[PDB]
Amino acid sequence: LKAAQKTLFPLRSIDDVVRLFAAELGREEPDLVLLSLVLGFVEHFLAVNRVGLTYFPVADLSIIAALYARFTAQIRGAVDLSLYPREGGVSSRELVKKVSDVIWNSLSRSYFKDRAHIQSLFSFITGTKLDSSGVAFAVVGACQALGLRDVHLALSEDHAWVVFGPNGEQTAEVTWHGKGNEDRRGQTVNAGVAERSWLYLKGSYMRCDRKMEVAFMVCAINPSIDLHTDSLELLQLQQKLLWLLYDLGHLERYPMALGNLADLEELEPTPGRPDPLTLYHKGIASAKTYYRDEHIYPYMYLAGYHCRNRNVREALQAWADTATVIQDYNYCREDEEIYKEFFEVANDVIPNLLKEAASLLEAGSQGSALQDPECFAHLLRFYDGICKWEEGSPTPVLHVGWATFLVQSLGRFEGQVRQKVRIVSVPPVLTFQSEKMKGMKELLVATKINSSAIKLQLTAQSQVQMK
Ligand SMILES: CNc1nc(NC2CCN(Cc3ccc4c(cc(C#N)n4C[C@H](C)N4CCN(S(C)(=O)=O)CC4)c3C)CC2)c2cc(CC(F)(F)F)sc2n1
């Protein structure tokens, strides 16, 4: 560490950690290794082991500098730069692979790879454990420590890798995804881009600078103590650090970070700040501006907020927007995480919401989503996008389990409401993009819902029971 990096120690409070991040973010290049070690230290003593806690776990320079020295020694010792000449101030694929191998080979042979609190360089050093995206971050921090200014973190909505090389144009896989089913470690991401999978976002993934890599580690803070309890101290630290990054402009290209900040503000609003809704909409605006509106989670963040607040109209609208994004992807083998999200929304969340709305309608609610044809249109647009998604995909999406819930959900709206939606062809008003929903149009607006016909149309089940 440089002398100027050490003057704020010891860190005795949340605000002292914020000052450290402010100082680093004002430097030429913030020190990723220093910052991740500090966050992991304070997370360990606020969420993993709170024995002896009286206010805040004091981070002494001697402790942090020793951890820092362990990391930099491990990397500099195992990676000999002389073997990998750098032509052009840029790194080679072999060098990036070597750094990835060094991180990988340091990890415990067996552990639960989905645990909490294994995201930081603190976990790497003290526990020899990292989660999937934690390995990618560690590769980037190791590269920074080695002076490899061109190596940066790349992020989709469910995976992480690195960019590097001439113009920062090369990609390399450096960690596992999911079960570790495939690998492609060391290869480009271009096959996944070319297949139009959600996992690689059609190439509209995040290419971090150093400041966005700091935002990533802040988003990566895990306040959870257990399944029922969060650390207030860590929630506050994450919130204050996210506001710092926001004010400095470093969340401009980070949609999900804005959703995280909005969620924190909902829990505990900061005087004189934008409201959660404004922040969710900035997240969506970031995705439209920088990522061709090809991201799903900005709309999911918004929908969840509306769901929690029982704004059924606005929740349905946001979900219909999630589907309007997914429809221009192919559903591929490693996209299971976003299938799980759509599944739970269609087959659990929406049914719960509409069941409650039905009871409230019985009790005399006015302005009910169930009496609003625009709400029925949103529901139909949601299913349309899912059906369009499935078109031309190498693996199907829909099955009869989905059909039971679609029929139930349609039935929550009376015929007099459903009949008000106008479904218009290309070449409330809605246009369907999917052939499935186009074929379902007359069934949707009929006084009595034909369940079996709907099932057949949604699943493209050819035949009905013989006997
Ligand atoms: C913040 N930075 C960041 N975050 C990353 N990933 C985040 C993606 C969002 N999740 C939280 C999450 C999960 C599911 C969500 C939602 C929202 C919805 C909806 N509807 N849904 C659907 C589900 C079914 N329900 C709906 C009902 N609600 S409720 C009870 O509240 O009403 C709960 C959630 C959210 C917000 C947290 C993690 C990532 C990932 C990266 C790639 C890599 F590899 F690094 F991991 S970078 C990154 N950055």
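In order, the residues displayed for chain A correspond to 3-53, 74-386, 399-461, 549-588 in the PDB entry numbering, which applies throughout. Whatever order the structure lists ligands and atoms in, that order sets their numbers, starting from 1. Determined via X-ray crystallography, 1.6 Å.
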Ligand 1: drug name:
ziftomenib
Please provide the name that UniProt uses for the chief contact partner of ziftomenib.
Menin
Option set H328, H181, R330, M278, criterion heavy-atom distance to atom 39 (C) of ziftomenib, minimum:
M278
Is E366 close to ziftomenib, meaning an N/O of one under 3.5 Å from an N/O of the other?
no
I'd like the name of whichever of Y319, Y323, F365 reaches closest to atom 38 (C) of ziftomenib through any heavy atom.
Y323
Tell me which part of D180 gets within contact of ziftomenib: side chain, backbone, both or neither, using heavy atoms under 4.0 Å.
backbone
With a 4.0 Å cut-off, strictly under, does atom 32 (O) of ziftomenib pick up any protein heavy atom?
yes
Heavy-atom distance from atom 41 (C) of ziftomenib to the protein below 4.0 Å?
yes
Answer yes or no for atom 35 (C) of ziftomenib: protein heavy atom present at a distance under 4.0 Å?
no
For ziftomenib, is there an atom lying under 4.0 Å from some heavy atom of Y327?
no
Give, by chain and number, all residues and nucleotides of other chains with a heavy atom within 4.0 Å of ziftomenib.
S155, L177, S178, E179, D180, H181, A182, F238, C241, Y276, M278, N282, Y319, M322, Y323, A325, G326, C329, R330, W341, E363, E366
